[PDB]
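The following structure holds resiniferatoxin.
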Protein chains: 4
Amino acid sequence: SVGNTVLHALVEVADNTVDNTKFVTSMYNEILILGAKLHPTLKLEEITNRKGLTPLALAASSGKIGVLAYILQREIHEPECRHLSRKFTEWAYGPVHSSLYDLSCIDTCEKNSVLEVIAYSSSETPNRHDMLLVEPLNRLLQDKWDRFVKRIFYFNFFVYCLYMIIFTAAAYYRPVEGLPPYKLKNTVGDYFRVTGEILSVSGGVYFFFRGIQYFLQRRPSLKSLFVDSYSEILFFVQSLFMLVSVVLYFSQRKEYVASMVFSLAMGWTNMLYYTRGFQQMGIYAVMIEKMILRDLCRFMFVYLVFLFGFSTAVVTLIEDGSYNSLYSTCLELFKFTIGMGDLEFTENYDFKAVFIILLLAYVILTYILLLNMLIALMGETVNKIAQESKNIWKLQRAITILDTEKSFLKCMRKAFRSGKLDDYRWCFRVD
Amino acid sequence: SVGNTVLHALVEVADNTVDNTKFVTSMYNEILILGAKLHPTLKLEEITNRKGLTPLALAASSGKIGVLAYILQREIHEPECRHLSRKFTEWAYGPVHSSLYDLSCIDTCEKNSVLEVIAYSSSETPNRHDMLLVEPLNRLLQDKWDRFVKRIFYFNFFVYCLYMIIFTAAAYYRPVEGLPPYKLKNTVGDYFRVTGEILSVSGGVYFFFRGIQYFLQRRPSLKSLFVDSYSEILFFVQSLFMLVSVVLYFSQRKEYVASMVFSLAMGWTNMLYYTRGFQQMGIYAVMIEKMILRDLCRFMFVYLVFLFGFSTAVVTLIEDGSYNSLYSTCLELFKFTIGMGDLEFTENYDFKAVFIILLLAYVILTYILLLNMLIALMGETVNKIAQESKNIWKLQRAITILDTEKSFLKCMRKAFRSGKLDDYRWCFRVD
Amino acid sequence: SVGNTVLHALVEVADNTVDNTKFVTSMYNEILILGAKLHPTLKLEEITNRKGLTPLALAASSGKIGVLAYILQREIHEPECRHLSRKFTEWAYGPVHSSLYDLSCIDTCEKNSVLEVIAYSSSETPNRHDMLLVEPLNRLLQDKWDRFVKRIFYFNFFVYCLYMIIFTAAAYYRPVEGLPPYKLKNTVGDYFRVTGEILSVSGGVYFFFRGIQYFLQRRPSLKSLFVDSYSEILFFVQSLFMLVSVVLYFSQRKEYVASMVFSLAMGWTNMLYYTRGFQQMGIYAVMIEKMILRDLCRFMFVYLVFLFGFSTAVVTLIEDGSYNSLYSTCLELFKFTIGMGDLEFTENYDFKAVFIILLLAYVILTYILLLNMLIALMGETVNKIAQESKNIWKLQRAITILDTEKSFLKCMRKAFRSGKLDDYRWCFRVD
Amino acid sequence: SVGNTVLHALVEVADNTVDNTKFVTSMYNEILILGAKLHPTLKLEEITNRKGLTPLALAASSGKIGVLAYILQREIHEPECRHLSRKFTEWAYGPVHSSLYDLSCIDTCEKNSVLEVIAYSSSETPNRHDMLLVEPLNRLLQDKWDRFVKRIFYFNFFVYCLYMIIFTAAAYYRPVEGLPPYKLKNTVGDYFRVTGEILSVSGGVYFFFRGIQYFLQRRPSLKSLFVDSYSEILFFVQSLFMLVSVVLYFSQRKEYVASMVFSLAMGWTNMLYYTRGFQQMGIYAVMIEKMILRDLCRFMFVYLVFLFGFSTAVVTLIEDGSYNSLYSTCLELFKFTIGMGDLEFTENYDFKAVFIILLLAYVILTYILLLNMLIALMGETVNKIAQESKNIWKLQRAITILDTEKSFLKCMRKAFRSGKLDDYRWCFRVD
Ligand SMILES: C=C(C)[C@]12C[C@@H](C)[C@@]34O[C@](Cc5ccccc5)(O[C@@H]1[C@@H]3C=C(COC(=O)Cc1ccc(O)c(OC)c1)C[C@]1(O)C(=O)C(C)=C[C@@H]41)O2
Ligand SMILES: C=C(C)[C@]12C[C@@H](C)[C@@]34O[C@](Cc5ccccc5)(O[C@@H]1[C@@H]3C=C(COC(=O)Cc1ccc(O)c(OC)c1)C[C@]1(O)C(=O)C(C)=C[C@@H]41)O2
Ligand SMILES: C=C(C)[C@]12C[C@@H](C)[C@@]34O[C@](Cc5ccccc5)(O[C@@H]1[C@@H]3C=C(COC(=O)Cc1ccc(O)c(OC)c1)C[C@]1(O)C(=O)C(C)=C[C@@H]41)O2
Ligand SMILES: C=C(C)[C@]12C[C@@H](C)[C@@]34O[C@](Cc5ccccc5)(O[C@@H]1[C@@H]3C=C(COC(=O)Cc1ccc(O)c(OC)c1)C[C@]1(O)C(=O)C(C)=C[C@@H]41)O2
Ligand code: NA
Ligand code: NA
Ligand code: NA
C-alpha cells in the first residue's frame with residue numbers, strides 16, 4: 001500500500017528485544033535466502049517505499065537497533081548465499097578478527113544514507129542513540145574523523161574564534177557619536193574598525209544563509225524545532241540579530257547596538273557548539289541545551305509566578321510618603337535570588353510587619369523553589385542524564401562528520417577507506 | 001456485622017501482593033459463579049455495607065489495587081456465567097485487542113463511584129496512587145480529558161488569570177488617601193478601579209463559597225486536612241484574606257491593605273494549582289506542596305532555634321554606647337542565610353572576639369543546617385519523590401475531571417463513550 | 001579464664017550471619033536442654049562473667065543481634081523443656097498471635113539489663129542499632145513511652161523551654177552598668193530580673209551535676225567521648241559556661257557576659273536534644289551532630305588551610321600607603337564564603353593583577369572546596385545516612401525511656417505490663 | 001622478541017576476569033612445576049625482559065590484580081615442588097592462620113620492586129588501585145607505617161608546618177621600603193626576619209632540588225604529567241615561585257613580592273599533601289586534586305565563554321556620558337557568581353531594557369551553568385568518586401612509605417619483619 005515490501009514490515013515488527021529481534025532476524029535471513037534462490041537477478045534489499053527508504057534505511061531511521069546491527073554485520077558461510085552478505089572476514093585470530101564491511105548505502109543512497117537518517121532523525125525514535133556504537137558505523141565515523149574531518153572541524157572552530165574576536169573588537173571600538181551610519185576617518189584604526197565590521201556582517205550573512213539552507217534541507221516539523229536543530233537555531237538567531245543590527249545601523253537608529261550586543265553575546269555562547277563533539281567538554285554544553293529546552297520552562301514559570309505575585313503584593317503595600325513601580329519591586333525581589341536582597345530596600349509603607357512577612361515568605365518560598373529544582377534535577381541523575389549526554393556527544397560527532405563530508409570544499413567526494421577490493425562493494429577494512 | 005457480605009471480607013484480605021491477590025481473585029470468582037448459580041435473580045456485587053460501599057467501591061477506596069484490577073477487567077468465556085463479566089473482548093488481533101468495558105458503578109453509583117473514592121481517598125491507603133493506571137480507568141479519564149474537560153479546565157485557568165490580572169490592577173491602583181472607603185470619582189479610571197475591585201471581591205466570595213462547599217461535601221478529618229485538600233485550603237485562605245480586606249475596608253481601617261496584598265500574593269501563587277495536571281510543569285507545584293507540608297516544619301524549627309539562640313546571644317552581648325532590639329538582631333542574623341550578612345553590623349559591644357565568634361559559629365552552623373537539609377532531601381530522591389509526584393499529578397488530573405463532570409454547566413450529565421450497546425451496561429470501547 | 005561459661009562463648013561465635021546464627025542457635029538450644037537435663041536445679045543463663053554480663057546481656061552488649069533475637073523470642077513446645085523458654089504463646093489466630101514474653105533480665109538484672117546495655121553501649125558494636133526492633137524490646141519500649149514516659153518527656157521539654165525563656169529574659173534585661181555584681185532596685189522589674197537570674201543559675205547547677213552524674217555512671221573512655229554522650233557533653237558545657245559566668249559575675253568582671261551569651265546560645269541549641277526522639281523532626285538534630293563529629297573536622301581543616309594561606313598571601317601583598325592586619329584580611333576572605341566578598345576591599349597594594357589573581361584563585365578554590373564537601377556528603381546518601389539517622393532516633397527514644405525510668409520521681413519503681421502471672425516471670429503480653 | 005619468557009606473555013593474557021584469571025593461574029602453576037622438573041638449578045621467575053621486569057613485576061606494573069594475588073600468595077603442599085612456593089603456613093587454627101610470606105622481590109629487586117611498580121605506575125593501568133589490598137602487600141605497608149614511617153611522616157609534616165610558619169612570619173614582616181635588597185638592621189627583629197627569609201629560601205631550594213630529583217627519577221611522559229605527580233608538581237612550582245622571588249629580590253624589583261605571596265599561598269595549600277595519609281581527611285584533598293585536574297577545565301571554559309561573551313556585550317552597550325573597560329565589566333559580571341552582583345552597577349548606557357535583559361540572561365545562564373556542573377558531578381557519585389578517592393588515598397600512603405624507605409636517613413636499609421628464618425626468603429609473618 002505504501003510501496004514497501006516484506007522487509008520493511010520486518011523492520012517495523014522489531015522492538016529491540018532479544019526474542020523479537022531473533023524472530024525478525026530469522027525471518028529476514030530466510031526470506032532473503034529464498035528470494036535470492038527464486039530471483040537471483042533482483043536486488044532484494046534495494047526496493048524503496050514511498051518515503052524512499054530501503055529496509056536498511058528504514059531500520060536506521062526507525063530506531064531498530066537489533067535489525068540494523070544484524071544487517072550491517074551480516075555474514076554468510078555457505079554456498080549459493082555468499083552474495084547476500086555484507087561482512088567478509090579476512091583474518092581470524094584469537095583476540096583480533098580482521099574483516100571487510102560493505103559501505104554501499106551507508107555513505108550514500110543518492111537520497112537517504114544510513115548515517116544521514118541516523119544523524120538527522122527526529123530524536124523521537126526508541127533508541128537511535130546507540131546506533132553509532134555498531135562496529136562498522138563506529139569505526140567508519142572514527143576513521144572519517146581522524147582522517148580529514150578532525151582538522152577541518154578544528155579549522156572551522158579557529159575561524160569562528162577569529163570571527164568572534166574581530167566582531168568583539170569592532171563592536172567594542174564602535175564610535176559613540178549619534179545617528180549612524182558613521183563617516184570613516186583617515187586614521188588606520190578606523191579602517192581596521194570598518195574592516196572588522198564588514199567581516200562581522202559577512203559572517204552574519206554566512207550564518208543566515210547557512211541557517212536557511214539547513215532549515216530548507218531538514219524541514220523541521222515545528223514541534224521538534226528546538227528539540228533538534230538547537231545549535232542551528234542559535235546560530236540563525238545570532239545572524240538575525242546581526243542583520244537587524246545592519247538594518248538599524250543604516251536606518252539611522254542607535255538601537256542597532258541593542259541588536260549587535262545580543263548577537264555578540266550569542267556569538268560567544270555559540271562557541272559551545274564547537275565544544276560539543278568533545279568527549280569531556282561537550283557534555284557540559286549538551287547539559288546546558290537540555291536544561292534550557294526541557295527543565296527551564298517549568299522552573300521559570302513557577303519562579304516568575306512567585307516573583308510577580310510577591311512583587312505585586314509588595315508594590316501594592318508600599319506607597320509614597322523610588323521603588324513605587326512594579327518593575328523596581330520585581331528587581332528588588334529578584335535580587336534575593338542572587339544573594340543581594342536588601343530586605344529593607346524601602347520604608348515607604350504602613351504595616352512594616354506585613355512588608356517584612358511578605359519578603360520573608362518570598363525568601364523562604366524562593367529557596368524552597370530552588371531546592372525543589374535541585375531535587376527534581378537530581379532525581380534524574382541515576383544513569384539517565386549522563387547516558388543521554390554521552391549519546392548526544394556521539395550524535396554531534398556524527399553530524400559534524402556528515403556536514404563536513406557534504407561540504408568537502410575540494411570538488412572531490414571520494415572519502416572511502418579500502419576502495420573496491422566482480423563485487424565492487426566499496427569495502428571497509430576493520431581490524 | 002457491619003451490613004457487608006463475603007466479598008467485602010475478600011477485599012479486606014488482599015494486601016496488594018501476588019499470592020494474596022491470586023488467592024482473593026480465585027475466591028471472588030468462585031463465590032460469584034456459585035452465587036449466580038444459587039440466586040440467578042440477585043446482583044451479588046450490588047450489596048452495600050454500612051458505609052454505602054460495594055465490594056468494587058471498597059476495593060477502590062481501600063487501596064486494594066489487585067482486586068480492583070481483576071474486577072474491572074474481569075472476563076468470562078463459558079456458558080451460564082457471561083452475565084457476571086465486566087470486560088467483553090470483541091476483536092483479538094496481534095497488536096490490537098478491541099474490547100468493551102463496563103462503566104456501571106465507575107461513573108456513578110448514586111452515592112460513591114470508583115473514580116470518586118479513588119480521587120477523594122484519605123491518601124493513607126496502600127496503593128491508590130497507581131489505581132488510575134488500570135486500563136479502563138486510565139482510558140476513561142484520558143477520554144474525559146481530551147473530550148470536554150481539557151477545554152473547560154483551560155477556560156477556568158484563563159478566567160483565573162483574568163481575575164488575578166484584574167485584582168492586581170485594582171490593588172496596584174488603589175487610592176492612597178486615608179481612612180477608607182473611598183468615594184467614587186467621575187473620572188473613568190476610578191470607574192475601572194471600582195469595577196475591578198467589585199470583580200475581585202466577587203471572585204473572593206466565589207472561592208469562599210466553593211471552599212465551604214468543598215469542606216462540607218468532603219468533611220476533612222482535621223488530621224489529614226492539609227495532607228489532602230491543600231490547594232482548596234490555599235484558595236479558601238486567599239478568599240478569607242479577601243473578605244477580611246473587605247470588612248476592614250468598610251470598617252475604615254487601612255489594615256485592609258495588609259489583608260489584600262496577602263490575598264494578592266496568595267492568588268498569584270494559587271496559579272500553581274492550575275499548573276498541576278500538566279505532566280511536566282505540575283511536578284514542580286506538587287514538590288512545593290510536599291516540601292511545605294512535610295519537610296518545612298523540621299528545617300524551620302531547627303533553623304529558628306539556632307537563629308533565636310544566636311540572636312539572643314548577640315543582642316545580649318551588644319549594649320548601647322540601632323540593633324539593640326532582638327528583632328533587629330534576628331534580621332541581621334537572617335541576612336546571613338540570604339548572603340547579605342554584614343558580619344560587622346554593629347560595634348556597640350565589648351568583647352569583639354566573643355561577638356565575632358558567635359557570628360562565625362552561627363554562620364557555620366546555619367550552613368551545616370542547610371547542608372543537612374539538602375542531604376536529607378537528596379536521600380529521598382532514589383526513585384521515590386519523582387514517582388510520588390507523578391502519582392499526585394495523575395490524581396490531580398482525575399480530581400479535575402471529577403470536579404468538572406460534577407459541575408457540567410449545561411444541565412446535562414451524560415458523558416458516556418459507547419452508550420447502551422438486552423445488556424445495557426454503558427459500554428466503553430477500548431482498542 | 002574470664003569467669004564465663006559455654007553460653008558466652010556461643011554468643012561470641014556469632015557474627016550476625018545466617019549460617020553462623022543458625023549454628024549458634026542450634027548449639028544454644030541443645031546445650032540449654034542438656035544442661036537442664038543434667039542440672040535441673042540450676043539456672044543455666046544466670047551465670048555472669050567477670051564483667052557481670054549474662055549470655056543474654058553479653059549478646060545484647062556485644063551487638064550480636066541474631067542471638068539476642070533468638071533468645072528473647074525463644075519458645076519451647078515439648079515436655080521436660082518448657083521451663084527453659086521465654087516466649088509463651090497463649091492464642092494463635094490468623095492475623096494475630098497473642099503471647100507472653102519474659103521481662104526478667106530485660107528491665108533489671110540489678111547490675112546490667114538488656115535495654116541498659118543496648119542503649120549505653122559505646123556504639124562501636126556491629127548492629128546494636130536494629131536490636132530495638134526485636135518484638136519484645138520494641139513493644140516494651142513503645143509501651144513504656146505511651147504509658148508514662150511520653151508525658152514526662154514532654155514535661156521536661158516544656159520545663160526546659162521555660163528555663164530557656166527565663167534565661168533569655170534575664171540575660172536580655174541584664175543591667176548595663178559597669179563592674180558587677182549589681183545592687184538590686186526596688187522596682188518590681190529588677191526583682192523579676194534577679195529571680196530569673198537565680199533560676200538560670202539554678203538550672204545551670206542542675207545540668208552541671210546531672211552531667212557529672214552521667215559521666216561518673218558511664219565513665220566514657222575519652223576516645224568515644226564525643227561519638228556518644230554528645231548531647232550530655234553539650235548540656236554540661238552549657239552549664240560550665242553558666243558557672244564560669246557566675247564566677248566572673250561575682251569576681252567583678254564584665255567578661256561574665258562573654259560566658260553567659262555562649263551558655264544562652266548553647267542552651268537554645270540544646271533544645272535540639274529534645275527534638276531527637278521524634279521520628280521526623282529529630283532527624284536534623286541527629287544529622288547535625290554527626291556532621292559536627294564526623295564530617296566537619298576535615299572540611300574545616302582544609303578550608304582554614306586555604307583561607308589562612310590566601311589571607312597571608314593577601315596581607316603580605318597589601319601595604320599601607322585598614323586591612324593591614326592578618327585578622328582583617330581573614331575576615332574579608334571569609335566574607336566570600338557567605339556571598340559578601342567585596343573583591344576590591346582595598347587598594348593599598350602594588351601589583352593589582354596579583355591581588356585580583358589571588359582573590360579569584362581563592363574564590364574558585366573555595367567554591368571547589370564547598371562543591372567537594374557537597375559531593376563527598378552526597379556520596380554517602382545511598383541508604384547510609386538516612387538509616388543511621390532513623391537508628392539513632394530509636395536509640396535516643398530508648399535512652400530517654402531508660403533515663404526516665406531510672407528517675408521515676410515517685411519512689412515507685414514498678415512499671416511492668418502484665419505482672420507476676422508457680423513461674424512468676426514478669427510477663428509482657430504482645431498481641 | 002622483547003627479551004622475555006613464556007611467563008611474561010602468560011601474565012599479559014589476564015584481564016582481571018574470573019575465567020582468564022583461573023586459566024592464567026593453572027598455566028602459570030604448570031609452567032613453573034615443569035620448568036623446575038626440567039631445570040631444577042634455574043630460577044624461573046627471575047628472568048627480566050628488556051624493561052627489567054620479572055613476571056611478578058610485570059603483573060604488578062600491568063595492573064593484573066588476579067595474577068599478582070595468586071603469585072604473591074602461592075602455596076604448594078606436594079613433594080618436589082615446595083621450593084616454588086612463596087607463602088608458608090606455620091599455624092592453622094579455626095579463625096587464625098599464621099603464615100610466612102616471601103618478601104623477596106617485594107621490597108627490592110635492585111631495579112624494580114613490586115611496591116615500586118604498583119605505586120609509581122602511570123595510573124592508566126586497569127586495576128593497580130586495589131593491588132595494595134593484597135594480604136602480603138597490605139600487611140607489609142601497614143607494618144612499615146606503624147613501625148617507623150608514621151613518626152617520620154608526622155615529623156616531616158611538623159617540619160613543613162614550621163617552615164610555612166617561618167615563611168609566613170618573614171613575608172608578613174617584610175620591610176615596606178622601596179627597591180630591594182634591604183640592608184640588615186642591628187635590631188633583633190630584623191635578625192629574626194633575615195633568619196626567617198634565609199630559612200624560607202633554603203626550604204625553597206630544598207623543594208626545588210627534590211622536585212628535580214623526582215622528575216629525573218620518574219621522567220613523566222608530559223601527557224600524564226598532572227594526573228600523577230600532581231603534589232610534586234605543586235611543590236616544585238611553589239619552589240619555583242620562591243626562587244623567582246629570590247631573583248627579583250636581588251634584581252632590585254618589588255615584583256619579588258608578587259612571586260613570594262604565590263609561593264606563600266601555594267605553600268599553605270601544599271599542606272594538603274600531608275593531609276593525604278589520613279583515612280578521613282585525605283579524601284578531601286584527593287577530591288580537590290581530581291576536581292581541579294578532571295572537571296575544572298571544561299567548567300571554566302564554558303563559564304569563561306559565557307562571562308566573556310556577556311561582558312563584551314555589556315561593555316559594548318555602555319558608553320560614557322567608570323566601568324567603560326572590558327576588565328571592569330568582567331569583574332562586575334563575575335560578582336554575580338559570588339552573590340555580590342549589583343545588577344545596576346552603571347547607568348552609562350542607552351537602552352536600559354537591553355542592559356537589564358543581558359544581565360538577567362547572564363544570571364540565569366550562569367546559575368544554569370552551576371546547576372549543570374553540580375548535576376554532572378553528582379551523576380558520578382554512585383560509588384565511583386568515593387571508591388577512586390579511597391584507592392588514591394591507599395596509593396598515596398604506599399608512595400609515602402616507599403619514599404621514606406628510600407631516604408632512611410640512617411645509612412641503614414634493612415626494614416624486614418622476620419628476617420632469614422636453609423631457605424633465606426626474608427620471611428614476613430601474618431597472623
Ligand atoms: C533560541 C533560544 C531557545 C535561546 C536564544 C537566546 C535568547 C538564549 O536564551 C534562550 C532562553 C534563555 C534566556 C535567558 C537565560 C536562559 C535561557 O535560550 C537560547 C539561548 C541560550 C543561550 C545559552 O545556551 C547556549 O547558547 C550554549 C549552547 C549550548 C549547546 C549548543 O549546541 C549551542 O549551540 C550554539 C549553544 C545563549 C543565548 O543565545 C545568549 O547568548 C543570550 C543573550 C541569550 C541566550 O533563548
Ligand atoms: C496554608 C498554608 C499551609 C500556607 C498558606 C500561606 C501562608 C503560604 O505559606 C504557608 C507556610 C509558608 C510560609 C512562608 C514560606 C513558606 C511556607 O504555606 C502555605 C502557603 C504556601 C504558598 C506556596 O505554595 C503555593 O501556594 C503553591 C501551590 C502549590 C501547589 C498547589 O496545589 C497549590 O494550590 C493553590 C499552590 C503560597 C502562600 O499562600 C503565599 O502566597 C504566601 C504569602 C504565603 C504562602 O502557609
Ligand atoms: C562540644 C562541641 C563539640 C561543640 C560545643 C559548641 C562550641 C558548639 O560548637 C561545636 C563546634 C562548632 C563550632 C562552630 C560551628 C560548628 C561547630 O560543636 C558543638 C556545639 C554545636 C552546636 C550545634 O549543634 C547542637 O548543639 C544541636 C544539637 C544536636 C543534637 C543534639 O543531641 C544536641 O544535644 C544538645 C544538640 C551548638 C553550640 O553548642 C552552640 O550553641 C555554639 C555557640 C557553638 C556550638 O563545639
Ligand atoms: C599546577 C597547577 C595545576 C595549579 C597550581 C596553582 C596555580 C593552583 O592553581 C591551579 C589552577 C587553579 C587556579 C585557580 C583556582 C583553581 C585552580 O591548580 C593548581 C594549584 C591548586 C591549588 C589547590 O589545590 C591544592 O594545592 C591542594 C592540594 C591537594 C592535593 C595535593 O596532593 C596537593 O599537593 C600539594 C595539594 C592551590 C594553588 O597552588 C594555590 O595556592 C594557588 C594560588 C593557585 C593554586 O594550578
Ligand atoms: Na547550593
Ligand atoms: Na545529589
Ligand atoms: Na549567595
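Letters A, B, ... mirror the listed sequences (proteins, then strands); counts begin at 1. Basis for what follows: all heavy atoms, side chains included, without hydrogens, waters or symmetry-related copies. The header says electron microscopy, 2.8 Å. Remember, it's 1-based here, ligands and their atoms both numbered in the order they're listed.
Counting all copies, resiniferatoxin can be found at ligands 1, 2, 3 and 4. Other chains having non-hydrogen atoms less than 4.0 Å from resiniferatoxin (ligand 4): C, D. In this structure, atom 10 (C) of resiniferatoxin (ligand 4) lies nearest to the protein heavy atom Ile292(D) CG2, 4.7 Å. For atom 8 (C) of resiniferatoxin (ligand 4), no protein heavy-atom neighbour is present inside the 4.0 Å cut-off.
Looking from atom 40 (C) of resiniferatoxin (ligand 4) to the surrounding protein, the closest heavy atom is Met266(D) CG, 3.7 Å. Nearest protein heavy-atom neighbour of atom 4 (C) of resiniferatoxin (ligand 4): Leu234(D) CD2, 3.8 Å. Among all non-hydrogen protein atoms, the one lying nearest atom 22 (C) of resiniferatoxin (ligand 4) is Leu365(C) CD2, 3.9 Å. In terms of protein heavy atoms, atom 12 (C) of resiniferatoxin (ligand 4) is closest to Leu296(D) CD2, 4.3 Å.
Using a 4.0 Å cut-off to heavy atoms of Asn270(D), the atoms of resiniferatoxin (ligand 4) that qualify are 35 (C).
Contacts at under 4.0 Å (heavy atoms) between resiniferatoxin (ligand 4) and the UniProt transmembrane segments of chain D, numbered from the N terminus, involve segments 3, 4, 5. When the UniProt resiniferatoxin-binding residues of chain D are filtered for a heavy atom under 4.0 Å from resiniferatoxin (ligand 4), what remains is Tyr230(D), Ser231(D), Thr269(D), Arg276(D). Among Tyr274(D), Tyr273(D), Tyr230(D), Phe262(D), the residue whose heavy atom sits closest to atom 21 (C) of resiniferatoxin (ligand 4) is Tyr230(D). Close approach to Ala265(D) involves these atoms of resiniferatoxin (ligand 4), each under 4.0 Å from a residue heavy atom: 41 (O). The deposit credits the origin of chain D to Rattus norvegicus.
Protein heavy atom nearest atom 27 (C) of resiniferatoxin (ligand 4), with residue, atom name and distance: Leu272(D) CD2, 3.4 Å. Relative to atom 29 (C) of resiniferatoxin (ligand 4), the option among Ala285(D), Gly309(C), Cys297(D) with the closest non-hydrogen atom is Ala285(D).
For resiniferatoxin (ligand 4), the heavy-atom contacts closer than 4.0 Å come from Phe306(C), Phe310(C), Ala361(C), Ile364(C), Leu365(C), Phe226(D), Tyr230(D), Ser231(D), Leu234(D), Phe235(D), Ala265(D), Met266(D), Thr269(D), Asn270(D), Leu272(D), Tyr273(D), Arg276(D), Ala285(D), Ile288(D), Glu289(D), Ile292(D), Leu296(D).
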Do any nitrogen or oxygen atoms of resiniferatoxin (ligand 4) lie under 3.5 Å from a protein nitrogen or oxygen, and which ones?
from	atom 1	to	atom 2	distance (Å)
resiniferatoxin (ligand 4)	24 (O)	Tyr230(D)	OH	3.4
resiniferatoxin (ligand 4)	32 (O)	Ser231(D)	OG	2.5
resiniferatoxin (ligand 4)	32 (O)	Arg276(D)	NH1	3.0
resiniferatoxin (ligand 4)	34 (O)	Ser231(D)	OG	3.3
resiniferatoxin (ligand 4)	41 (O)	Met266(D)	N	3.3
resiniferatoxin (ligand 4)	41 (O)	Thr269(D)	OG1	3.1

